[PDB]
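Check out this one - pralsetinib stuck to Soluble RET kinase fragment.
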Amino acid sequence: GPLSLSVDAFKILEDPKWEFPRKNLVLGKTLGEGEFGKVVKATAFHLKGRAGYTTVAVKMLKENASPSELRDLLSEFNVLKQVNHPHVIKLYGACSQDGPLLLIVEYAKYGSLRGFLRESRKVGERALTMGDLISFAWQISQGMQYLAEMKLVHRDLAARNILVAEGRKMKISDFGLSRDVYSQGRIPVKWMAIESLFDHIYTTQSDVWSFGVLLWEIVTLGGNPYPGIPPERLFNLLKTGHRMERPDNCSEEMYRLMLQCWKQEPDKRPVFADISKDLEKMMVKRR
Amino acid sequence: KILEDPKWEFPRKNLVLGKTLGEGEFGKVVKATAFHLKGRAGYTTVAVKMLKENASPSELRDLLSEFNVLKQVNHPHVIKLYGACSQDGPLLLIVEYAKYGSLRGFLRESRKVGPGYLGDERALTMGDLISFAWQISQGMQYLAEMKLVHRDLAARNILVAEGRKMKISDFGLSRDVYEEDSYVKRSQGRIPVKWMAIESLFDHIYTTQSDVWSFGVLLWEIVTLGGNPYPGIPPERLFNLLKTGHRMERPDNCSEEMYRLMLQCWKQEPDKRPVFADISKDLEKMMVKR
Ligand SMILES: CO[C@]1(C(=O)N[C@@H](C)c2ccc(-n3cc(F)cn3)nc2)CC[C@@H](c2nc(C)cc(Nc3cc(C)[nH]n3)n2)CC1
Ligand SMILES: CO[C@]1(C(=O)N[C@@H](C)c2ccc(-n3cc(F)cn3)nc2)CC[C@@H](c2nc(C)cc(Nc3cc(C)[nH]n3)n2)CC1
């Protein structure tokens, strides 16, 4: 079937460009674990023609992995080969010839955005300003603009899936559900667009909805979307035009931007260029 | 939406939630108590399955589907549904409480907690292990008769109730097969590779005979007292390993007869595997001959 064909392809040593010798990777501490995989910090010797050791993150599966988890890992690898942008997590390669499948990616020293924010606190505890957050959103929007031009739909945009690198640079991560636009879903209900929920449709404009949820997570420094509303009742609330209210410590201009990402009609949402543009304008205008 | 079935709906105010017995990424099982449950006077200890805030539509759909399936099935070795609260908030599924937890959990504890395995409800012999497998085969026999495929048979998905009685659980992945005697779907499954029959892995086909393969894995689990299948082999290696005809070795605690039954469960051709009624008979014969 499709997976056996991808696994067999992958285990062929064909593209030397993305195949990294296992003996030059030294796995370090576990950065984090799910039910079916984990991320581990590592060092890689002579990665991509670089001197000495480069610190990397390594994604791998656990023993109880399903075909679904193996397909998402292989899918992520196949997608990140074609992308390069400063605010998208970089792929360095994979180990496909000795032991388990390992994906080698860019290390971002600070972890997930959601974590980084929940550690934080706002100011006019780690201290962040409105200019900081707007910077964050803008970085993500630039990365999303780039993806949308390559006609990639990310599907899983959320603060849990953005990483924070040195210099507080944002890296969009977790491409295992992405699809090249050019069945029941596995994206959490509370980040999905109404047409995704009712019609199982994903487009860049459903990424723009998810972006509005992610915007809300930023300004609330890691809040949980629609608190006290169970995922199962959200279908109905949204269909009748309820949305999250304007949060505390959030401007009228930011909130408007949010609400527009959540228009029922995908055509009436902004595109990522407009979202970037709004953010560029807010920042010059706050100096 | 979800259509209230009064036969099953339970008053939210009569349910009290306690500790988390365990959790995954998207959901939880919690220990609970239910007042005036299905006629019983007073409180009854039960277990409740529920979603977390990050739930996906697939996870909702699976919880609903476990609810659906459980309404139709009734057997001594299938976990009993009591009801659901599906109206004034989160969907809660109310099921029988099995006090020893999962089978894999229970067996792994008997490695270290005396009197342990011997050849108390904690003293275990090969005869007890044969019986646990037989109870499960009977429950699977009944499910196959009801035209279901479980798909996710594993020691982690069996519960151990008072009297060490086996209860098949975790019906979120089970599917009806009345037309065709198979369930197929185009996308990739969410059952762990190491329990999947070969034709499920390669061809996406699930039948009672792929549940037989998974039962075979479960037998190896049971005889290893909760061992991990294909120890140290990466999951993606199973495609090649299985198609080149390799199978797990006979574990040290296992009779020739028992291992023969396992290997029969893992025949490449699904028609060459025994059916659940044959498996139950094989296990009966083993039990009585000692
Ligand atoms: C959200 O990411 C984390 C997490 O716990 N994820 C869990 C839930 C998770 C689920 C599934 C799988 N899978 C891995 C597979 F191959 C398949 N699934 N791995 C991990 C893991 C890593 C993360 C992290 N922390 C720090 C301090 C640094 C850091 N740097 C990174 C991480 C990366 C990729 N680059 N740089 N990452 C912290 C949380
Ligand atoms: C295999 O089940 C356990 C487990 O950790 N399950 C995890 C992995 C898990 C994953 C997904 C979700 N989801 C729940 C959803 F709604 C959807 N997913 N919940 C839990 C949770 C229950 C279990 C347990 N321990 C003891 C001592 C008793 C006990 N008794 C029970 C349990 C029941 C149902 N009846 N009686 N159960 C321990 C292991």
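The sequence lines are lettered as chains in the order written, beginning with A. Residue numbering for chain A follows the PDB entry; the residues present correspond to positions 700-823, 843-900, 909-1013, in that order. Residues 710-828, 842-1012, in that order, are what chain B shows, numbered as in the PDB entry. Every number for a ligand or one of its atoms is a count from 1 in the order of the listing.
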**Asked** For pralsetinib (ligand 2), which other chains fall inside a heavy-atom cut-off of 4.0 Å?
**Response** B
**Request:** Please list the residues near pralsetinib (ligand 2), using 4.0 Å as the heavy-atom limit.
**Result:** B/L730, B/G731, B/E732, B/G733, B/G736, B/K737, B/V738, B/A756, B/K758, B/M759, B/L760, B/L772, B/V804, B/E805, B/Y806, B/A807, B/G810, B/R878, B/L881
**Request:** Under 4.0 Å from a heavy atom of B/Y806: give me the atoms of pralsetinib (ligand 2) that qualify, with their elements.
**Result:** 28 (C), 30 (N), 35 (N), 36 (N)
**Message:** Would you say atom 39 (C) of pralsetinib (ligand 2) makes contact with the protein, given that contact here means a non-hydrogen protein atom less than 4.0 Å away?
**Reply:** no
**Prompt:** Can you list the pralsetinib (ligand 2) atoms lying under 4.0 Å from a non-hydrogen atom of B/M759?
**Reply:** 14 (C), 15 (C), 16 (F)
**Item:** Which of the pralsetinib (ligand 2) atoms, numbered from 1, are nearer than 4.0 Å to a heavy atom of B/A807
**Value:** 28 (C), 29 (C), 30 (N), 31 (C), 35 (N), 36 (N)
**Prompt:** Less than 4.0 Å between atom 2 (O) of pralsetinib (ligand 2) and some protein heavy atom, yes or no?
**Reply:** no
**Prompt:** Quick one: which pralsetinib (ligand 2) atoms are inside 4.0 Å of a heavy atom on B/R878?
**Reply:** 1 (C)
**Message:** Closer than 4.0 Å to some heavy atom of B/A756 - which atoms of pralsetinib (ligand 2) meet that?
**Reply:** 33 (C), 34 (C), 35 (N), 36 (N)
**Message:** So, looking at chain B, which UniProt active-site residue gets closest to pralsetinib (ligand 2)? And what's the heavy-atom distance, to 1 Å?
**Reply:** B/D874, 9 Å
**Asked** Which UniProt-annotated domain of chain B makes up the bulk of the interface with pralsetinib (ligand 2)?
**Response** Protein kinase
**UniProt semaxanib-binding residues of chain B with a heavy atom under 4.0 Å from pralsetinib (ligand 2)** = B/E805, B/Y806, B/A807
**Distance filter under 4.0 Å to B/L881 heavy atoms, resulting pralsetinib (ligand 2) atoms** = 32 (C), 33 (C), 34 (C), 35 (N), 36 (N)
**Request:** Would you verify that at least one protein heavy atom lies under 4.0 Å from atom 14 (C) of pralsetinib (ligand 2), or report that none does?
**Result:** yes
**Message:** Please report whether pralsetinib (ligand 2) has a polar contact with B/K758, defined as an N or O pair separated by less than 3.5 Å (distance criterion only).
**Reply:** no
**Atom indices of pralsetinib (ligand 2), in the order listed, that fall short of 4.0 Å to a heavy atom of B/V804** = 34 (C)
**Request:** Starting from atom 8 (C) of pralsetinib (ligand 2), locate the nearest protein heavy atom and write down its residue, its atom name and how far away it is, to 0.1 Å.
**Result:** B/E732 O, 3.8 Å
**Asked** Which atoms of pralsetinib (ligand 2) sit under 4.0 Å from any heavy atom of B/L772?
**Response** 16 (F)
**Request:** State which residues of chain B, listed by UniProt as binding ATP, have a non-hydrogen atom closer than 4.0 Å to pralsetinib (ligand 2).
**Result:** B/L730, B/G731, B/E732, B/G733, B/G736, B/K737, B/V738, B/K758
